[PDB]
Amino acid sequence: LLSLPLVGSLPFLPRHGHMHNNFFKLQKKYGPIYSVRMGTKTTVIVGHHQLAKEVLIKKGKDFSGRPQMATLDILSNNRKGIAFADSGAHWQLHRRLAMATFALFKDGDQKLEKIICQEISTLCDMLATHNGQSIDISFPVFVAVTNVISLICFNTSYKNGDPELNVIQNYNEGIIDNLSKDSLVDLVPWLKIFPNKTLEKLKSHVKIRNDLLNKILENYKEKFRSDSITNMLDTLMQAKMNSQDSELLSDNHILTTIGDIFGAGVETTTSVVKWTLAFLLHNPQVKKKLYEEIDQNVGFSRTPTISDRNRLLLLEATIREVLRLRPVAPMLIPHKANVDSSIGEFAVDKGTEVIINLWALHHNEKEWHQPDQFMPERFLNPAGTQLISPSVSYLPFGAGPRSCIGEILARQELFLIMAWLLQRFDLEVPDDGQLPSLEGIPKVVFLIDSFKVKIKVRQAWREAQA
Ligand code: HEM
Ligand SMILES: CC(=O)[C@H]1CC[C@H]2[C@@H]3CCC4=CC(=O)CC[C@]4(C)[C@H]3CC[C@]12C
């Protein structure tokens, strides 16, 4: 009796469980590195830190490419910008100019910390009006960090009530939902198989956003002067008139770059805040210690500041643990091999998509103790007097040529938002008992479901205004 001809095989069910976890589970069978092939395209999936650091760092320039996706073509305006641009002149030029801009905010009246604390103070104010109510803090936060990024890009911010923020949130939500059903890593290229309106939807959202950007671009071409270089949009225009590069800095090129900066800045950081609050509602004991800690080292004589990250250690560990358990990009962004190269002595041909399963790196049992648990203690020494790095299998922000450019902005924004929130507010479970689900919704960003927090102004903050 004969066996059936097999026209295709896949190692697990599509749309069943989270991709990053499904790949992780296969390592029991196949090893920390393996490949899958769809049609003519081969994809490799790496899930151990050693091989990862080889793809990211050691042979970084070999694997610094981005694969083309129908859905990303639209968002990045045909692989422009930074995040979704192939490695090349365009990419390298803009990446450095972006990174350069963060130097203009290292001191002065535009010290990044001052720009941040300003919008947080607007934030805490707004929230305080909801004293004794249960609310979704997504949009109050979205607004705060949008303002920070807008100040970095244009030296401007939005006024409270401005409906442009709403327009932005709508297309932000729409781009994310249509960018991919789930993770960016798709096994089967569904959208090319069945009739669907996925691309039409994404175009019409991204059109709105590109309109809004182009509008800002025009109403800044007049306000620009080489005598004043203070923000990201200045930096890009400075470098354009000095030009071989006149093509690499067209309108569409600066548009799309500002695009990635705006998106990355707001969505990643707002997601992580939410994940942070969510975890603390599940773990009161930790929350108590964070309250206890903040009262000892900052009290109520003043508002928190960067310099406090040197003493508010448990808060720092907490943020570190949230980024461990729930990475923003559980599988980073997909990489590509620019040349023929190797990983763990295995040949990898030019054009091969390479995927780093960061989920596997943060949940590896040999590297972490009880990795499935939320234990910020893991990032502190046994006394709790300094921070540690208990594993090298940890890469929230990536590494090497395509690593995160806004890590420093992000780490600060997060630290300040929580510290302020913790100083001023009692954050509790809403009256009907519902906690949020820490299962999460993997899209291009690892989101959490909407949820509510009952929010009260702490007595100790009130009884210290007299
Ligand atoms: C907690 C917050 C954040 C996390 C965990 C994070 C993490 C990451 C990761 C994993 C990547 C891709 C790594 C790779 O492809 O190898 C990335 C890329 C990038 N991130 Fe972030 N990020 C965060 C916040 C931000 C912020 C605040 C900005 C502000 C501008 C930003 C801008 C970018 C850009 C432009 C890239 C593309 C890099 C490239 O293609 O060369 N991100 N980030
Ligand atoms: C963490 C990360 O990789 C960042 C780098 C580029 C960022 C994205 C590119 C710009 C962008 C625009 C949007 O309208 C939704 C948010 C997105 C889709 C951004 C979400 C987070 C990304 C994917």
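In order, the residues displayed for chain A correspond to 31-273, 282-504 in the PDB entry numbering, which applies throughout. The figures here come from the full heavy-atom set of this structure, side chains too, leaving out hydrogens, waters and symmetry mates. Counting starts at 1 for both ligands and their atoms, in listed order. Going by what the header records, the deposited coordinates were determined by X-ray crystallography, 2.8 Å.
Looking at ligand 2, the drug there is progesterone. Taking the chain with most contacts, the partner of progesterone here is, per UniProt, Steroid 17-alpha-hydroxylase/17,20 lyase. Applying a heavy-atom cut-off of 4.0 Å to progesterone picks out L105, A113, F114, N202, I205, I206, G297, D298, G301, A302, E305, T306, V366, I371, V482, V483. Result for chain A: of the UniProt substrate-binding residues, progesterone comes within 4.0 Å (heavy atoms) of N202.
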